Amino acid sequence: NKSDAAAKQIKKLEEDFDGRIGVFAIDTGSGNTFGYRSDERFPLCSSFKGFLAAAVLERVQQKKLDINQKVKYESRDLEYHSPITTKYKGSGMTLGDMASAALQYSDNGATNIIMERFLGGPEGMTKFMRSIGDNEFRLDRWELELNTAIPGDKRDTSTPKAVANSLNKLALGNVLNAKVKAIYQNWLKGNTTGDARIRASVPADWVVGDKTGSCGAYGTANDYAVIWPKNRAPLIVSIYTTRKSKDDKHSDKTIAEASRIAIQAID
Ligand SMILES: *C(=O)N1C[C@H](NOS(=O)(=O)O)CC[C@H]1C(=O)NC1CCNCC1
Ligand SMILES: [Cl-]
């Protein structure tokens, strides 16, 4: 009844903007779920950097890395959109600052730096997801080339569902121990790029941790979130979009609306 109405509204939303919306949304309290295209591949874009953040915290936990060890890169020519790494060019960042910045600011340099030195490249990142039972996630390329969002391209894609379940495992489950889990949570809650997406779909006093992605080709944009409504078990929302023509702009509003529809579906 609600599920049915939610999918009519979604498919009318994708018709309205002439592309493709993928949703999975979970109540971790009532186990109600809503899925639309939830097993299609969409480009990850910047959204994978929320999972990279977790990968970093797992290496810290294993004690291969210290969250406060200094990471230096004076040598380095920073990647387009390294808003945070560029200002710390002379001094170095701590590993934990760098990782948060990858997540919260979508800092490219931080992304590539961490994958080059700490995670074994894009197949390491891929391998990290496999290790938590996610068989859909694939990272093939580095910043910024992973953002081409070419139609029918496998590279640098995942599914709405797989992202949702993974975030569930990472943010809420038993992959990260207690202190490390708290940090990843605080990092997602601090994301700065999400104010027009899943955050716009929910009341002000709901707590939201998020990571967005904007490929900037085929109007490809996404967001995933953990949501803590006051007095309620967290929800996980995961929303991936593409559009039909290459030069079409991403739509913050389609995302926020699909979130609204998905949450009402599962609430
Ligand atoms: C990620 O999707 N990125 C990095 C950055 N933050 O994304 S957001 O969704 O967190 O706002 C902005 C755009 C995007 C990216 O790097 N896109 C490239 C811009 C330059 N060449 C085309 C793709
Ligand atoms: Cl180069």
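Using the PDB entry numbers, chain A covers 1-267, in order. Atoms considered below: every heavy atom in the structure, side chains included; atoms not considered: hydrogens, waters and symmetry mates. If you check the header, you will see the structure was determined by X-ray crystallography, 2.4 Å. Both ligands and their constituent atoms are indexed starting at 1 by order of listing.
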Practice task
Report the name of the drug modeled at ligand 1.
Solution key: relebactam (bound form)
Handout entry: Greatest-contact chain for relebactam (bound form), named in UniProt
Key = Beta-lactamase SME-1
Practice task
Identify the binding-site residues of relebactam (bound form) using a heavy-atom cut-off of 4.0 Å.
Solution key: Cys45, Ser46, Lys49, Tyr80, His81, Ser106, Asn108, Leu144, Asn147, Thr193, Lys211, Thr212, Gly213, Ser214, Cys215
Exercise for the section: Tell me the organism the entry assigns to chain A. Expected result: Serratia marcescens
Exercise for the section: Starting from atom 10 (O) of relebactam (bound form), locate the nearest protein heavy atom and write down its residue, its atom name and how far away it is, to 0.1 Å. Expected result: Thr212 OG1, 2.8 Å
Exercise for the section: Please identify which atoms of relebactam (bound form) are closer than 4.0 Å to at least one heavy atom of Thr193. Expected result: 10 (O)
Problem - chain A: UniProt beta-lactam binders within 4.0 Å of relebactam (bound form) (heavy atoms) - result: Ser46, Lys49, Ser106, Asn108, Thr212
Exercise for the section: Measure the distance from atom 21 (N) of relebactam (bound form) to every protein heavy atom, then report the residue, atom name and distance (to 0.1 Å) of the closest one. Expected result: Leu144 CD2, 4.4 Å
Practice task
Measure the distance from atom 19 (C) of relebactam (bound form) to every protein heavy atom, then report the residue, atom name and distance (to 0.1 Å) of the closest one.
Solution key: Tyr80 CE2, 4.0 Å
Handout entry: relebactam (bound form) to chain A UniProt active site: nearest residue and heavy-atom distance
Key = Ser46, 1 Å
Problem - Contacting atoms of relebactam (bound form), where contact means under 4.0 angstrom from a heavy atom of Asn147 - result: 2 (O), 15 (C), 16 (O), 23 (C)
Problem - Heavy atom of the protein closest to atom 6 (N) of relebactam (bound form) (residue, atom name, distance) - result: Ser106 OG, 2.7 Å
Problem - atom 1 (C) of relebactam (bound form): the protein heavy-atom neighbour that sits closest, reported with distance to 0.1 Å - result: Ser46 OG, 1.3 Å
Problem - Atoms of relebactam (bound form) close to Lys49 [distance to a heavy atom under 4.0 angstrom, numbered from 1] - result: 4 (C)
Problem - Covalent site of relebactam (bound form) - result: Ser46 OG
Exercise for the section: Identify, for atom 9 (O) of relebactam (bound form), the protein heavy atom at the shortest distance, and state residue, atom and that distance. Expected result: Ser214 OG, 2.7 Å
Handout entry: Atoms of relebactam (bound form) close to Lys211 [distance to a heavy atom under 4.0 angstrom, numbered from 1]
Key = 10 (O)
Exercise for the section: Please write down residue, atom name and distance for the protein heavy atom closest to atom 22 (C) of relebactam (bound form). Expected result: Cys215 O, 4.0 Å
Practice task
Check relebactam (bound form) against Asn108 and write out every atom of the ligand that is under 4.0 Å from a heavy-atom position of the residue.
Solution key: 16 (O)
